[PDB]
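See structure below.
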Amino acid sequence: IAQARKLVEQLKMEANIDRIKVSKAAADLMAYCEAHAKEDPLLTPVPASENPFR
Amino acid sequence: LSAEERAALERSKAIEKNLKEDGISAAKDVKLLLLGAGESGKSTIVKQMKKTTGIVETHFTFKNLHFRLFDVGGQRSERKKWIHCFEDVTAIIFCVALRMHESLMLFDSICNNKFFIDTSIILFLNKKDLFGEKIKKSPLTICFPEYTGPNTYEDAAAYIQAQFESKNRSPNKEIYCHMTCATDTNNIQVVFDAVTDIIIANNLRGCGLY
Amino acid sequence: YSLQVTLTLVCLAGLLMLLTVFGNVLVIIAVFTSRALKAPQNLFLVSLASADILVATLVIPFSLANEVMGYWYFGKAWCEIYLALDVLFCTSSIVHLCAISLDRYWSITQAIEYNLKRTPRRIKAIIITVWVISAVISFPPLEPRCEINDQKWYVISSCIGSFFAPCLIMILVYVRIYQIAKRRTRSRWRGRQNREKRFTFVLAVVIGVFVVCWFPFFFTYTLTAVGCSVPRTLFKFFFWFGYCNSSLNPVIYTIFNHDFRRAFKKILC
Amino acid sequence: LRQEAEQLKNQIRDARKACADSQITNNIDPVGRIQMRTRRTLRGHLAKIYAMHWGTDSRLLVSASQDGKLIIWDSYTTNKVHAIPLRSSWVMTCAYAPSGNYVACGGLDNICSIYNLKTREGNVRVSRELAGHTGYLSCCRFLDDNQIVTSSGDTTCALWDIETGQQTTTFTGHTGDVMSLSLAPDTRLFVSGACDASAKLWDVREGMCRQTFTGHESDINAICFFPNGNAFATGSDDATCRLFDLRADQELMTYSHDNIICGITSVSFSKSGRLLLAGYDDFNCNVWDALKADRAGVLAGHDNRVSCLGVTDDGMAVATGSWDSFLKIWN
Amino acid sequence: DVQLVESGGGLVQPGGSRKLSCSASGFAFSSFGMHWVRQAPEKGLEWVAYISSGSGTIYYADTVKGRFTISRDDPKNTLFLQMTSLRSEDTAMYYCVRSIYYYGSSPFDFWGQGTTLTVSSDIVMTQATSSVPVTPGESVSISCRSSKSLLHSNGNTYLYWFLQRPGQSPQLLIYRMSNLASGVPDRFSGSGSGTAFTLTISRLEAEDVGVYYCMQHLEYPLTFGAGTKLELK
Ligand SMILES: Cc1cccc([C@H](C)c2c[nH]cn2)c1C
């Protein structure tokens, strides 16, 4: 009784979703990662100088 | 190479020395973990020693060996996740008594694991007088197949001990046993003997020569 | 004289020295930087390997230079020193083997009280003590044909101190351990019998390589010293046998430890 | 009326299935051969370690081990700033305050302990002993200097107040052991793991879960938020990392490989969200691409298994540490 | 809180002997490096001696070697300094100062009360002028001329400032010439270059008047500047 009364009310909140399209979601993800790829050093190794670790 | 990180580094060395001293002092004792299943089990053993909802550690003292005993009794959560941390522990304790014998398969489950294998098990049968007074009467049954043995008493006890055992599928395991009546002080002594035996076995396995 | 074969002799001696130094540096590197291996026990093995390195890198060159030309090309200095170093290092090796075996026996027997005292302090003290005693044994008497000393008082005492006591101590200790192991190990019996035979074999080989290598030369050296002098040419072979054992010894201890062997496997590949 | 639940479930199944239509941006260049090397060897611990965290300075990292000691290292010079002796030896998590003044840890003691750093006496000491849970703790995070968020083994997650010392709210509904709760960069939402292959986002103010994601076969063990604060990836004992997006409400990229047969212990993203780091229950630290779906990055060593790994806020370096009591810094 | 009470001084004839005891309470003294600093009865500051937290490292000033010795005992929470063969120049009042060294540390944070004592190369910094008339509500600037650049390869600038209240024990303002000490209003702000050092005070009030000092920590021995005194004309 209680479990169903709670689950039914909970499920409608998750049902109330847009949903945003996966194509544009993936496009946003690739755009963001490409835009921010110029900062992290693991992609392109930085020079040995200015490196805190020798 | 600069004034003050010279002091910082010597502070670091002092910290390291203190840490190593504390570690070499702490690793000197021995650790046994007991996880009695069901009920009417480990309570008698823990009572035989001479802020809730958590594991309780009991510290013991016997012949210059103080023991750190951990019983995960209040842990209502699943075993697989928190069960593993006890990995480097010398001996386990197993208590059972006396139908509802899923503890039989639970023993097999704990004795067979991807890790934790190379550890001896000290199982206790803490309820013996109750079993005896139950077996003078004929329940009988025995609710086992093809028992085909004498009813009373040592014969039935030995058949039970042969059961609930022999599931050791690995070498270099020394499964122990005892007959506790919940009224004797010999439990500490036999535990000490088992610990001493497993230490000797271990040492012999170390070069080894085993 | 071996006018032509000296090339083969020097080649084999260099091969022996490189093999022993390789094995010893390998075992030292393995014992360092290994958390499981980290234990007070291994310090004796470290000291033994170090003494084995030093003896190989010092004595073998000069002994090789001897007996291939027939002339002591160097001066009177420093042959005395040389002999002292040679006896010191041999005795070191022997008594480190003695100490490691004694420590194991001490650990196996009377386990409840013993595990208490294995503190790097005590073990480092024992290492100091063994180095001192070796130095004390080696201290006296401190064309040219500078050959091994033959003082009657020195020869017998040095021989007994270098050989007889450690050998009997090893024999007694390992017989005791074998008896205890057999007694304790009175459907996976496949199994118990196989484990029994295996540990019997490993104890046999450990106690046997040492004796078969060191007994011949010391036996002959004890002979012709105060007793009847009946030496022969194979004395040179007997001499070399000691360096062969020095090369040999490190492996016979590293092979029979599963975690030690795993560390060796990791470091090699 | 329980059948209505399983019909609604088919409704939402068709919904998610229709809202999606791998074959996109596949032409981008591969990350290529990626190799990291050890630069430091933090060798102070004695026993196995479980968790570590990075400070906001990207300088001091704290790790916990079975010996019961917390160490604040100096990653630059491999020093030891502090060594806290614990009350309960058994610990499974640790956390660093964003302000750098407090450090918290917890384990099987079922109580979260919070410590203080800056004081007149110049010695660390306890501040509060949070005792509301009845199960083993999994992880702790700091929303700010005044609020903590934690996840225990009671299938429940609770938000506390250190000065108050009481559970201001409680979240529940996973019906399984919840592990590895990771806060989002926005510090207003978070997603927690579960023992039943389910992940749920939660609201830090309203108090009820917003979405519930599924699709995996076995227990999960790790989760972390994407730098953009709009996605996350979860690791599991099925040797599989699955990426979920709240907007998509469906799995995006199933990372898998036939050769690997093992579990997962910890994951962490990169600064730009292109390197997907992970720590397996094996003798390596497998590294995967963000969305290109190729097993590219491999890290050798160390001897034992791998428990935790954490990337710095700036991305200069990464840290590791596992049951062998050694910590390595890979750059 | 933290209290440093010292009383071991007295009028001693030249060539005599005396001992100094600085009692520490309110903090873990066993984990701190301890400093001795004396001030002349008329003007001037100088460093006497320093002892490490672990007592494994000792230092002394140029005119202290062979005459004065230092020693501390952790269980007693007190520092022992022995005055032997005291000279006519030694007539000055002293100060015992605590310190600590690790990453992001603030040494010389708290200063003692001091004792009254009477009788009968290395980089040096200069401050000029030593007296400037100021008014409340007006910002002021202080500079300390240094000899050698103090910017170490670690990216740091080993320099510290201090402020002595008129008749009271001095206390710290800026550490590492860039940060702010605890219990200090945000108006103060250190500054300067690698060799040139500047102190900035904004919205000066009538309770901050005193004497300023500059001090370096790049290399032993230490040294102190001439100092600058303000007024409320
Ligand atoms: C007494 C003594 C000490 C050291 C060495 C030896 C023998 C002759 C030897 C030489 N070279 C390697 N072994 C003896 C006899």
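Per chain, numbering begins at 1; letters A, B, ... match sequence-line order. For ligands, and for the atoms within them, numbers begin at 1 and follow the listed sequence. Below, each value reflects all heavy atoms present in this structure, side chains not excepted, and no hydrogens, waters or symmetry copies.
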Trying to figure out what ligand 1 is stuck to here - the chain with the largest number of contacts. What's it called in UniProt? Alpha-2A adrenergic receptor
According to the PDB, which drug is present at ligand 1? dexmedetomidine
Help me out: which other chains have any heavy atom nearer than 4.0 Å to dexmedetomidine? C
From which organism is chain C, by the entry? Homo sapiens
Which transmembrane segments of chain C are near dexmedetomidine, taking near to mean a heavy atom under 4.0 Å and numbering the segments from the N terminus as in UniProt? 3, 5, 6, 7
